[PDB]
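Featured here: a structure holding vaniprevir.
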Amino acid sequence: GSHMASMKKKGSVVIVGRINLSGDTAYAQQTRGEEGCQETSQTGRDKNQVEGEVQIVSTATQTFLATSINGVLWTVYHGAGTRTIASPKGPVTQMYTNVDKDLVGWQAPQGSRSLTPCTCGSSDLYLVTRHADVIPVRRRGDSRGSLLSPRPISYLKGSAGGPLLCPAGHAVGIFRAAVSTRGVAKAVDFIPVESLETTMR
Ligand SMILES: CC[C@@H]1C[C@]1(NC(=O)[C@@H]1C[C@@H]2CN1C(=O)[C@H](C(C)(C)C)NC(=O)OCC(C)(C)CCCCc1cccc3c1CN(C3)C(=O)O2)C(=O)NS(=O)(=O)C1CC1
Ligand SMILES: [Zn+2]
């Protein structure tokens, strides 16, 4: 537009729930409904308590996951773009933005818990989805892993930004894209945790 006075601003990313991994059962919890989400995206002021490692996040148009690792809440650029995140004190600007890696990060919210980067060098992995499914994945390269049991891409949609974990529960990567044939995901592409660690320097 040429009329700057009426140009709009995009809202903030808003935390609307979490994937609870604290007990013996993984389950999704919603912490904010759609009306409250819309309001919070506009103001960027979110006073809700944050807990856990894996957050469910939303914009006005999309919903996906974000994962705390080393004191940074990470997600995908294809979901968040350059948006701020809502926080108790107002919008918080990204501390990391890398379109080439499809990676963004903000300082981790107070109350969150961070995963530790994996140093195990192990190839037996576990992908956590927005529905709290824990999907076994065999690592197949730096940024790929195969599903032991393939799934329609519908099952994975909305889980970009979520973690791949090793057997000990360390972060191995951030889910980025599905490797799909005829709508069936046989594998996943992820941003390796080492790439996050390099971004942090
Ligand atoms: C459905 C579950 C998927 C996790 C998910 N992500 C996606 O939907 C991403 C977003 C977009 C497309 N895509 C794919 O997964 C596609 C697909 C299945 C849609 C057909 N696969 C593909 O292109 O494989 C090709 C392959 C060669 C394997 C790509 C590897 C390179 C990957 C790569 C490297 C560097 C930069 C970029 C990329 C890809 N990238 C930018 C980018 O923007 O990708 C999601 O759930 N998104 S979401 O619904 O949460 C959304 C709201 C956030
Ligand atoms: Zn590990």
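If you read the sequence from its start, that first residue is 1, and numbering goes on from there. Whatever order the structure lists ligands and atoms in, that order sets their numbers, starting from 1. So how was this one determined? The header says X-ray crystallography, 1.3 Å.
Within this structure, vaniprevir can be identified as ligand 1. Atom 48 (S) of vaniprevir has as its closest protein heavy atom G158 N, 3.7 Å.
Closer than 4.0 Å to vaniprevir, one finds no other ligands or ions. Of the protein's heavy atoms, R144 NH2, 3.8 Å lies nearest to atom 27 (C) of vaniprevir.
With a 4.0 Å heavy-atom cut-off, vaniprevir is reached by no atom of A185. Within the deposited model, no covalent partner of vaniprevir is present on a chain. Residue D100 touches vaniprevir through its backbone alone, judged by heavy-atom distances below 4.0 Å. Of all protein heavy atoms, the one closest to atom 16 (C) of vaniprevir is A178 O, 4.1 Å.
Taking distance alone, with nitrogen or oxygen atoms compared against 3.5 Å, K157 stays at or beyond that limit from vaniprevir.
Atom 43 (O) of vaniprevir has its closest protein heavy atom at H78 CB, 3.5 Å. Residues touching vaniprevir within 4.0 Å, heavy atoms only: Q62, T63, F64, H78, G79, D100, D102, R144, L156, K157, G158, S159, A160, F175, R176, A177, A178, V179, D189.
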